[PDB]
Amino acid sequence: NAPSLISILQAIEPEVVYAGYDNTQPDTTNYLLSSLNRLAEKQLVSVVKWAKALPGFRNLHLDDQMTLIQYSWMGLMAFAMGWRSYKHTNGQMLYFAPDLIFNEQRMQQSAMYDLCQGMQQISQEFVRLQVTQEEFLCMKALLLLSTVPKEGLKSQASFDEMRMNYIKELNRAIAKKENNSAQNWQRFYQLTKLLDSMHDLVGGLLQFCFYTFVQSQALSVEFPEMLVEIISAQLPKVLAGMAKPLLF
Ligand SMILES: C[C@]12CC[C@H]3[C@@H](CCC4=CC(=O)CC[C@@]43C)[C@@H]1CC[C@@H]2C(=O)CO
């Protein structure tokens with residue numbers, strides 16, 4: 001038989017981005033958030049590259065490709081970050097990158113404190129659930145495929161199939177470990193529930209994101225160029241209520 005989606009997914013998994021951050025410079029809500037954004041630009045590149053590698057994704061109309069990316073990019077980055085914070089700090093600290101890890105001081109200095117907390121609860125779940133790589137890779141894959149424009153998609157049928165497949169491979173991945181039916185079931189539930197709770201958080205995140213974006217010169221937070229492009233193109237569709245979370 002052919003190499004599984006997970007085999008491919010483990011292969012196309014992006015390397016960890018460094019922020020470029022200076023940790024000697026003091027913790028100032030403007031410096032922090034500017035720095036975060038630089039990173040989001042660094043990640044956005046790795047994410048899109050990632051999505052192009054992602055089996056079936058190239059087979060969607062370019063309209064859909066860019067839209068999905070436009071909607072899911074925030075959740076993708078927050079989730080991967082939930083994952084990293086789990087592996088590297090076991091949920092205690094927010095591990096944006098090896099050179100830019102938030103602790104308590106910096107979550108406070110962030111002026112997003114309640115959102116940090118939320119992202120943390122996400123990593124803490126990763127921890128509670130002892131999520132595995134393979135569950136993670138498939139979850140993240142589904143996370144992309146979990147916020148679609150309400151007016152439908154060019155490639156609709158092909159997408160629904162992809163979604164199907166990534167649920168199927170999330171199933172292959174929970175099934176490893178044995179347990180049989182019932183345990184599996186609760187698992188599937190918990191994971192997908194974790195996925196579904198993602199939208200919630202992304203909500204607050206986009207919200208504060210836009211907020212910070214509009215008021216950028218007001219707040220002295222430096223959004224880089226690719227970041228300008230993407231947030232901008234996302235913003236009006238999002239407000240319009242074009243984007244609709246797919247749930248379980
Ligand atoms: C976009 C954002 C800065 C960048 C991060 C995001 C939260 C999660 C996140 C994960 C990453 O590992 C990279 C950057 C990023 C996407 C923040 C949510 C609010 C904050 C701002 O709105 C300030 O720009």
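Nothing fancy with the numbering, it's 1 onward along the sequence. Recorded method for this deposit: X-ray crystallography, 2.8 Å. When a ligand or atom number is given, it counts from 1 through the structure's own listing order.
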Looking at ligand 1, which of these is it: fentanyl, deoxycorticosterone, granisetron?
deoxycorticosterone
Give, per the PDB entry, the macromolecule that holds deoxycorticosterone with the most contacts.
Steroid receptor 2
Which residues make up the contact shell of deoxycorticosterone at 4.0 Å, heavy atoms only?
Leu36, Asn37, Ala40, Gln43, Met74, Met77, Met81, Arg84, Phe96, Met112, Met119, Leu205, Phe208, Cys209, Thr212, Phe223
I'm curious whether the model shows a covalent bond from deoxycorticosterone; which residue and atom, if any?
none
